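Featured here: a structure holding abemaciclib.
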Amino acid sequence: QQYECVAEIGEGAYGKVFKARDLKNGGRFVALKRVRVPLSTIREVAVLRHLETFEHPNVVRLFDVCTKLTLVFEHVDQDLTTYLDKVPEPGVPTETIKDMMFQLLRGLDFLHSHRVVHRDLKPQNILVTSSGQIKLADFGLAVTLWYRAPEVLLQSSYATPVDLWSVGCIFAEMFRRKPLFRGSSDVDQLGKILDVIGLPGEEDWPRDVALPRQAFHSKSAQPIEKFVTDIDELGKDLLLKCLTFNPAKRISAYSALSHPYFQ
Ligand SMILES: CCN1CCN(Cc2ccc(Nc3ncc(F)c(-c4cc(F)c5nc(C)n(C(C)C)c5c4)n3)nc2)CC1
């Protein structure tokens, strides 16, 4: 074969991800993702190859596709989880947070402008390169609920703002070094969210969902500087715009790129 698996990176309800030696290309490490056995899949692979033509710096490179399905990506040594675990006290430098967030938002805007929704954005699939570059992985192909948007939890809408809620959760965690909303179920996750942001207006609550606004009594919105210590005034404004309950009122990745926090 053209590839030689040397270690396992991950396993789950997708298949397995292996760290492999790319024999033909000077023995460089690559990440091979193996998938199961359609037509919606043919189309998803076509979008992946098309996104690769842009070679965006803030998404993992796709080097090959094999015929069950093998996806060959550029290998990157660590994820954001291991990065946050190893960073010395008192934490991630203030400008390292800003730079990683800008790159996260560039990769996300690239994906959103090409009508790809990530849907499972978390530190586990945000990869940190040897030179400190952010690269997005595990997207374009169809478990922790800590980064799930309220509209996904409520099962109402699944548009691009879903990823901006996840970004807000990641932004807060870059400061905290611990997840912001650590719920044990969809109902618990929603409860934990509203204990912080507060209850939205009855007209910001989606109609025809199973969970009504009355199922929660999470009274007032608590100040965010309590849960996210050391965040500046600008970072706080951007954090709140990502963590807006109504997805139609939530900031997009494109406007986030223009926010004064990145000046
Ligand atoms: C059990 C924990 N230990 C210690 C911590 N360690 C973290 C870690 C995470 C990622 C990498 N490397 C890497 N490089 C390039 C890639 F493109 C992918 C990649 C591609 C995909 F398509 C994926 N799809 C899914 C679902 N994942 C998951 C596997 C995250 C994908 C990952 N991964 N190296 C280390 C994992 C093993």
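Residue numbering in chain A adheres to the PDB entry, whereby the residues present occupy positions 11-47, 55-84, 93-167, 181-301 in order. Both counts, for ligands and for their atoms, begin at 1 and track the order of listing. Values below: all heavy atoms of this structure, side chains included; hydrogens, waters and symmetry mates excluded.
In this structure, every copy of abemaciclib sits at ligand 1. Of all chains here, the one making more contacts with abemaciclib than any other appears in the PDB entry as Cyclin-dependent kinase 6. Site of abemaciclib with heavy atoms closer than 4.0 Å: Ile19, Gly20, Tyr24, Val27, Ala41, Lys43, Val77, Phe98, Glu99, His100, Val101, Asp102, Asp104, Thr107, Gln149, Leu152, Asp163. Nearest non-hydrogen protein atom to atom 2 (C) of abemaciclib is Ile19 O, 4.6 Å.
Among all non-hydrogen protein atoms, the one lying nearest atom 30 (C) of abemaciclib is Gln149 O, 3.2 Å. Closest to atom 35 (C) of abemaciclib, if we only count protein heavy atoms, is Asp102 O, 3.9 Å.
Proximity of atom 4 (C) of abemaciclib to the protein is not indicated, since no non-hydrogen protein atom lies closer than 4.0 angstrom. Counting residues of chain A in contact with abemaciclib, the top UniProt domain is Protein kinase. Scanning the protein for heavy atoms near atom 15 (C) of abemaciclib, the closest one is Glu99 O, 3.3 Å. Under the PDB entry, the species noted for chain A is Homo sapiens.
Heavy-atom distances show that, of the ATP-binding residues UniProt gives for chain A, the following lie under 4.0 Å from abemaciclib: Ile19, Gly20, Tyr24, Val27, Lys43. Protein heavy atom closest to atom 31 (C) of abemaciclib, with residue, atom name and distance, is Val27 CG2, 3.9 Å. Closest UniProt active-site residue of chain A to abemaciclib, with heavy-atom distance to 1 Å: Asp145, 7 Å. The protein heavy atom nearest to atom 17 (F) of abemaciclib is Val77 CG2, 3.3 Å. Of the protein's non-hydrogen atoms, the one nearest atom 34 (N) of abemaciclib is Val101 O, 3.6 Å.
In terms of N/O distances under 3.5 Å, abemaciclib is approached by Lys43.
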